[PDB]
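Ixazomib (bound form) complexed to Proteasome subunit beta type-5, as determined in this entry.
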Amino acid sequence: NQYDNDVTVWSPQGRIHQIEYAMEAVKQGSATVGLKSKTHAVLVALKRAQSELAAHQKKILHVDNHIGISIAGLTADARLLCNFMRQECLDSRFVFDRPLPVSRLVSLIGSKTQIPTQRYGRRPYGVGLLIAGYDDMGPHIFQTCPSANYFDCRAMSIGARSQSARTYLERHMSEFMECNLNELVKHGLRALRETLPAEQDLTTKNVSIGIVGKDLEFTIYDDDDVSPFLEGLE
Amino acid sequence: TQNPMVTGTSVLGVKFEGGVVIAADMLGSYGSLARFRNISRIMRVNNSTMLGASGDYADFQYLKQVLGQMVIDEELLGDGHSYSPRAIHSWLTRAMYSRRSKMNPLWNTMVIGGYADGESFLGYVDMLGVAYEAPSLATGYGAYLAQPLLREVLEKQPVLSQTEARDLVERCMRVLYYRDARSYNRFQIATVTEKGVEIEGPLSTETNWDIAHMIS
Amino acid sequence: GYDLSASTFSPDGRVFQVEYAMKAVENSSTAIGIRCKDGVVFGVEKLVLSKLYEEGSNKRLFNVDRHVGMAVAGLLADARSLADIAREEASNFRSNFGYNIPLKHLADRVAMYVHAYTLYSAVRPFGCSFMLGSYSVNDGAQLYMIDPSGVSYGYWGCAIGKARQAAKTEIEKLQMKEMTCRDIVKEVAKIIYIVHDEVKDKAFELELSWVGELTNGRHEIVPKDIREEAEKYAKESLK
Amino acid sequence: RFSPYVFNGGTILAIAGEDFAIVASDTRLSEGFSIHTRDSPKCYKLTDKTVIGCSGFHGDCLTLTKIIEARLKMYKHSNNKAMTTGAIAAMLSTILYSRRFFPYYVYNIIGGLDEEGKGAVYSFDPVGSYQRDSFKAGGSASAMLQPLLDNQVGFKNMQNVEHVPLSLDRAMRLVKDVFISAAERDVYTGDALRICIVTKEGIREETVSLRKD
Amino acid sequence: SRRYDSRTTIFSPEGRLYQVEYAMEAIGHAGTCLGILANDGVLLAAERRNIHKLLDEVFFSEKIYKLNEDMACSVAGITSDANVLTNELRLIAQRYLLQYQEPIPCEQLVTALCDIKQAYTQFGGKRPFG
Amino acid sequence: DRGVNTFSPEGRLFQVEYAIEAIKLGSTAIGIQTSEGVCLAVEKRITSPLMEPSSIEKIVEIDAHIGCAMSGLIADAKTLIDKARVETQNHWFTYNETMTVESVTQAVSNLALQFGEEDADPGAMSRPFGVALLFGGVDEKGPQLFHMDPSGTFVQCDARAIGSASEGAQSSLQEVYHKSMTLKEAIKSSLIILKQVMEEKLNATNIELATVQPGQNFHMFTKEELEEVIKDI
Amino acid sequence: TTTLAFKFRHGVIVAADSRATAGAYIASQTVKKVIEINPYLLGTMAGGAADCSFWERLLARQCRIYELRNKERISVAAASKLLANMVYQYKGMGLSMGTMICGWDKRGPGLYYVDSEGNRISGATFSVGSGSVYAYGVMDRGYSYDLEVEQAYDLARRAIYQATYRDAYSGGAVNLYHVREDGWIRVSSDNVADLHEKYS
Amino acid sequence: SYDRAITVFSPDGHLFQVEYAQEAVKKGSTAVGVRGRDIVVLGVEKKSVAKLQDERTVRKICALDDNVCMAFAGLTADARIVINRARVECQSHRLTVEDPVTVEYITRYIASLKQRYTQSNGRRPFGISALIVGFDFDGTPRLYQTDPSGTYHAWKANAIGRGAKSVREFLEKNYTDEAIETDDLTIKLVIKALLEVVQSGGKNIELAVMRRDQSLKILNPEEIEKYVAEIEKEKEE
Amino acid sequence: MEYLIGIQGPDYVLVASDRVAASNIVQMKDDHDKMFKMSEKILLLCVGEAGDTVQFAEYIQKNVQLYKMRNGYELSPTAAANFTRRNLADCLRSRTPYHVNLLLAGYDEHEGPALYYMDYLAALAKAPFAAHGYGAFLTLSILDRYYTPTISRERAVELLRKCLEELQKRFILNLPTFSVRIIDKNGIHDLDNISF
Ligand SMILES: *[B]([O])([O])[C]([C][C]([C])[C])[N]C(=O)[C][N]C(=O)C1=[C]C(Cl)=[C][C]=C1Cl
Ligand SMILES: [Cl-]
Ligand SMILES: [Cl-]
Ligand SMILES: [Cl-]
Ligand SMILES: [Cl-]
Ligand SMILES: [Cl-]
Ligand SMILES: [Cl-]
Ligand SMILES: [Cl-]
Ligand SMILES: [Cl-]
Ligand SMILES: [Cl-]
Ligand SMILES: [Cl-]
Ligand SMILES: [Cl-]
Ligand SMILES: [Cl-]
Ligand SMILES: [Cl-]
Ligand SMILES: [Cl-]
Ligand SMILES: [Cl-]
Ligand SMILES: [K+]
Ligand SMILES: [Mg+2]
Ligand SMILES: [Mg+2]
């Protein structure tokens, strides 16, 4: 109460209410899912549409040839962070002529996003990211939070009703490593489908897909390009 | 540096099957004075990469400091990624170009040798940011005296064994001792293979002075 | 109220914002360090909040210099930022003075940086405590611990986080001065298993690191097979 | 007086056809009276539709191509499409002019396909002046190549000749001939000729041997 | 820090600037000070507050300040504030003389100081001059 | 009182939520995208007959291929519009091509959360912009309409209303819209809807209408062209 | 280079050659030296090719912004002044630019000479570039405010042509434009080798 | 430097500092503007009267440049800052474009200055509205109004300050092609509009006129009370 | 190359300036005006380096006009001359010096006519007559020979004409036409150009 307006104010229970509140921005975003096999990393996102005549918000963003992200939370903060990730990747190619390792990029985000949590008048980033990448250490799915903490994941879901998607992903994760791409994307789509009201389904209007791996630069599939993946959820 | 002070002369490099060898004498010259006769002008950068430098030795020591600390910083993370020989060569290209573009160069010409993922790497970078790769390299007077011998051998036989590359480097170092007034007959040879980087020395070449009696 | 700013003393002379930050540490799971005859061993009870995470996610053991390890408890993003401060202080020391930073000096420098965040309304105290460990032939084994106020002391044994006192009471049973690192890792694993409340928190990973004569003064992860043996010794010791 | 520039040689050429573009360069990298390497081409792929040739001071060639590469990604990120040949050319003009008071010592020629699938050539001076050409030679032997191209591609100074369209197979045969002639007389041009052919199907590469002296 | 900022340069709900009004209350309690224009001159007459027996009488006045060759002022309010403003008045008048090589016209001097006072009511977060 | 960058317990920035409420004080504006072009229509909201109606400009040209309709606190829209204009001209300068509608909208949207009082320049933005914007234009994607609000969120819409009566108007848009609709039908539809929702009787001086079409540049309707369309409605 | 322009009863004629040179090397015969700033305003280029084309393109950007902000066409006076104020900051730094800004606005036909030395002047006729002295001679002996349109085209064409004949640094083609009250038009492009055939 | 955020949103979209600045305007002296056919007229109330005042020193009507002038209502010290900024800007325009400003240009400049002081750290908004009048290069007469929010519009006639509501009501019924057919009737329309709100009419109306090219004439009390009598005796009839 | 002349009589100042703008070997304009109106009774005549001359003259002009708008009355000639001086001197050792030579002519209600001379170093001198340019070398002695303090305005135009005829005869440059203006109690008057 007196402890909940400033990111510099610790509460007496050793919490920072502004960081917790910023995490609510991510829990109210639309769901997204990330998973990986031995060879590919996949992102699947639900796009929320403001009206029946609106396009559906972009949820998946290109970072570099080997890295893409999925977003939940404040879109403007997502773009600011995505721009920082882009620039760190461009810098590593410029200086070293090789892709920035995914875990090093994620450490950069952690360090960047921590700073405003400790200075008066600043605020946390109100965005959570799932990060799909491929490098010398194989495929990766990472998760970042407004607290500046980050996590290396076998699979993950964030956003609204993401708990259902996580439960699905726990249930089938022993299968993921050995899956071909098609199997892996289907698993991502089924996890995402658990987040929906019983009426409603995955369609070409509301689903977005991002894939990167051993043979495949980060690529986004929308609209008519998702139809192949949606057919034969059989 | 506007005015180089203590300097080193040629560095040689040649790729062989399974690795790369570089050579450099152990002399820091101060003008024509052979001042510091036991200095290493080669650096082990990491397990896959080595560097030889001509030109200003203090500038080399600065690069050693900076590059060494960068390799430490990367090893602290323990994350399975290391700088390749190519990445180091890129970094150096950028650093040298940048210093040139401030009109304050690092007064060096360098030879980066490495072995990574079954490929030999050999690359040049100069104080202006001129950089390239080649099957053999030679800076300074080496460009005139050593490189012709290197390239002539490499044309007749592009793939050299380790012991052939080493014999060929010794021959070039002998010629340089004969004909470069800033050379010295005390050198190091550094080799990178699958097993890592080894620096040998101090070494000397045999010399022949028979021609001293063929004037009349 | 007197507890909103690190630039405000209470009427009894306390700085409640520092004390609240300390509570963040005291809520976290337990980390231990033990100094022994030939080095320092760290152990962490790393609580696994989801089975979806990879083994190794959210490490609490860091290399801050080739000869220095760091073990943290508290808010992890603050601890990582402190690891980066420590890394930079070690790096800048080597660049300026030309040798590896002595442990005590590294501990005192980062402690002063931590302390700077306990004076002002403009910033908040770090919500973390951390241990620094090293070994060299010249300096022996050294283990320091720094808290959110910026106090720094040296220790034979140390524990931070929520089972701190239970941990310390077990650590006091060891004659650590006469033990080697190889013997101590087992005892570290044992003590983490003792103080772990298996009813209240279901799943954890043991994280182990060391620095000592046996690593040639380099801070390193304990190898997988040694860690597995240590866990098995701890688990059967729990019997 | 440290000089920040050195001349490293190199000859570039581009030709626009109806449905193709050729960008060619020799592969020698020189300095002073020496050869650095016989295998350093001067052409760089930018997109599937656009190749750039760069010669002059190699330090600046390297830097500038790296800046172009970064800026192509930046464009694609903020506009969600690859840069066109024309937009690359306009951009390069501004990158060159940013250094108006410490120039990139580089001669640039862009070859590629325009937005109707026709061959397009843009030629630049070091500080960013440019225009669209039908063909253009640049670099060390440019004065040797350009007149022959004027005559044989532009049909200049000829009477009683049908102005036919330039086929790929005649353009190729021209490109190999002019480089061979340049390698006779320009000390900097030699070793090998690298040719990139840009068409709707993609970019392909030929290489031809040149004199090594 | 937002908790401690008393917000001296903001409007109240009726469009008022309270610090300004409160400063005007301080002035109304200071020594009375009058000015009278005539055909052959102008005058200032002021109540002295410095009247204790043991005061030493060392300056030519208490509250009358010469500003330049052609101008003087008197003040009512916080004395130390008046010392700052009169010093700034003298500076302005000399900046004008430097630049134009003629004396500052009276109204231009007054306006120039008043723009400083205005600025203290609009930005900076400081108390106005009393 | 709390800072301008304070999150609520629901995870929203108070100042952004309050800026979004200020949009509801604006006049209604409508945008419709068809395969033949986009139209933008807006209620002027004349408050006195002594006011000059042509001095109310709630639709503005960004570039020849892009117009913009606004609602909310109109004075706040000026720096946004100017930024859109400068960006499209920079892009033309650098790349010798027209900037896409999406890209203009993105560039503007990157301003939205750039407010706050202890990172920034000696007097930077203290608060968000109280404005919503419809960008309507034609690029190589064809005709396009994008919406942007004070959160910085932007999105393509087939049709969209903003301002005071936007619920209401948006329902009628759901009702009348179809992907194959012509531009002339979209013009009539948007005036019929403005006519419903406006407090005042619609006429040719208290509204504005503009179009952009693949053929043709940004075009503000004249009085006479408005009068012609008003006859059917 | 040779460029020229003149005001007359029917607007303003603008002409140029098309040659670029790098020392004595002819780099192009096909340079467009007349820049279309907007449909009512032309700029000409002489001096440094990069300098002219950068700063005139920047002028075009600024004129467009001006038009968007103010809801009216920029005047020829204001356009020429924008350019003058932009280059003035750079005096002494080695910019080389000599331009004519040519339009028709509310004061009628407009013509200003602007250069990198800092000059900005209005006038009835100007020629700029290394061939300007040759162009002046012919332009001056034929010029009149009451030239018929076709006589004016003939004069501009012939003046540039004669400059291409004497001046080693001018050649290629003569490119001719006419600014009229409703906009400029491109009137012709004649190769100098074809004009030679015709003028004898 | 002081960076506090002063103007912020409140629940329901209000900008309280701007609303409070508008309250300051409402307590200012009434100002009226009418755009004639070939004249523009400003008139303003009072403000305090007072026999010992030097009348010259407190005018609320101000030249910005030879062809543009303004009246204001609200905080007079704030107005002086705006007026001097607008005067500097008129001289920049003449410098860079070599035309005098249009009335719309300078209005747009003033409005955006005002808007910036509603959206910048460390500052409160200006507590003034302005009526800005003059002629464009082509002879067209103009009347614009700005308010503390930075909004601006053109008007045929308008009032700001205390009693603006009723003065605007009067202008709405009385502003016709007839009432501005000549210079005298345009001037009389302004006086009549003031004489509705003006306490001890009048006495304390200040008035100024701008004719196409002829530059700002302030009327003297002798010239004003001529019009006052000439209107008061007409209203008997 | 540019010529300026001023002659101050008992109640007026007469000024003239050449009308050539030249570049390399060509006159590019023959009706150029080197005078800038600062106020109703003040002309600044400014020559010197290209770009610096207009930028400097117009800055001063705009600031003199601003003073009028802020204060309701005009700067006197003397105050304007000193303002001009302070700016020029203050820039002399700066990163942006202005290479300009000037005459300032004015009529003050109370001081009468004034003519001021300034060089690029910003030395300011009041003078009864003065001139700038290479042409000054051939005409100042004609002014010393024939000027008197009570010279009437008709005779000042004659004296001016003698100077301008001397440039035609003796000066190597082609300066065929001159702008002429007079300032007095009733402001600035354009006279006819003196041409050859
Ligand atoms: B003309 O002034 O003779 C002409 C006008 C331009 C617009 C073409 N100028 C030139 O040809 C001057 N040359 C160059 O600017 C130049 C410099 C360099 Cl470094 C390389 C090529 C060229 Cl074209
Ligand atoms: Cl979301
Ligand atoms: Cl959002
Ligand atoms: Cl977290
Ligand atoms: Cl979530
Ligand atoms: Cl030594
Ligand atoms: Cl080493
Ligand atoms: Cl603890
Ligand atoms: Cl004085
Ligand atoms: Cl004085
Ligand atoms: Cl809305
Ligand atoms: Cl042409
Ligand atoms: Cl503008
Ligand atoms: Cl002029
Ligand atoms: Cl401002
Ligand atoms: Cl009002
Ligand atoms: K050759
Ligand atoms: Mg040879
Ligand atoms: Mg200068």
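Below, chain A is the first sequence line, B the second, and so on; all start at residue 1. Structure method, as recorded: X-ray crystallography, 2.0 Å. As the structure lists them, so they are numbered: ligands from 1, and atoms in each ligand from 1. Every heavy atom of this structure was used, including side-chain atoms; hydrogens, water molecules and symmetry mates were not. The entry is not shown in full; contacts are counted within the portion that is.
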Review point. Which ligand entries or polymer chains correspond to ixazomib (bound form)?
Key: ligand 1
Check your understanding: Under a 4.0 Å cut-off, which other chains come into heavy-atom contact with ixazomib (bound form, ligand 1)?
Key -> D, G
**Study point:** Closest UniProt-annotated active-site residue of chain G relative to ixazomib (bound form, ligand 1), heavy atoms to 1 Å
**Key:** G:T1, 1 Å
Check your understanding: Which atoms of ixazomib (bound form, ligand 1) sit under 4.0 Å from any heavy atom of G:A20?
Key -> 8 (C), 11 (O), 23 (Cl)
**Study point:** Name given to chain D in the entry
**Key:** Proteasome subunit beta type-1
Exercise for review: Pick out, from the UniProt bortezomib-binding residues of chain G, those with a heavy atom under 4.0 Å from ixazomib (bound form, ligand 1).
Suggested key: G:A49
Point to revise | Covalent partner of ixazomib (bound form, ligand 1) (residue and atom) | key: G:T1 OG1
Check your understanding: If you measure from each heavy atom of G:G129 to ixazomib (bound form, ligand 1), is any distance below 4.0 Å?
Key -> no
Exercise for review: Pull out every atom of ixazomib (bound form, ligand 1) sitting under 4.0 Å from any heavy atom of G:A46, numbered as shown with elements.
Suggested key: 2 (O)
Check your understanding: Closest non-hydrogen protein atom to atom 17 (C) of ixazomib (bound form, ligand 1), residue and atom name please, with distance?
Key -> D:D125 OD2, 3.8 Å
Practice item. Below 4.0 angstrom from a heavy atom of G:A49, which ixazomib (bound form, ligand 1) atoms are there? Numbered from 1 as shown, please. Key: 6 (C), 7 (C), 8 (C), 15 (O)
**Study point:** Organism of origin for chain G (entry)
**Key:** Homo sapiens
Check your understanding: Under a 4.0 Å heavy-atom limit, does G:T1 contact ixazomib (bound form, ligand 1) with its side chain, its backbone, both, or neither?
Key -> both
Check your understanding: Which of these, G:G47, D:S123, G:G48, has its nearest heavy atom closest to atom 12 (C) of ixazomib (bound form, ligand 1)?
Key -> G:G47
Practice item. State which residues lie within 4.0 Å of ixazomib (bound form, ligand 1), judged on heavy atoms. Key: D:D125, G:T1, G:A20, G:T21, G:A22, G:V31, G:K33, G:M45, G:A46, G:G47, G:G48, G:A49, G:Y169
Between ixazomib (bound form, ligand 1) and the protein, tabulate every N or O atom pair separated by less than 3.5 Å, reporting distance only.
residue	atom	partner	partner atom	Å
ixazomib (bound form, ligand 1)	2 (O)	G:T1	OG1	2.5
ixazomib (bound form, ligand 1)	2 (O)	G:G47	N	2.9
ixazomib (bound form, ligand 1)	2 (O)	G:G47	O	3.3
ixazomib (bound form, ligand 1)	3 (O)	G:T1	N	2.6
ixazomib (bound form, ligand 1)	3 (O)	G:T1	OG1	2.3
ixazomib (bound form, ligand 1)	9 (N)	G:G47	O	2.8
ixazomib (bound form, ligand 1)	11 (O)	G:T21	N	2.9
ixazomib (bound form, ligand 1)	13 (N)	G:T21	O	2.8
ixazomib (bound form, ligand 1)	15 (O)	G:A49	N	3.0

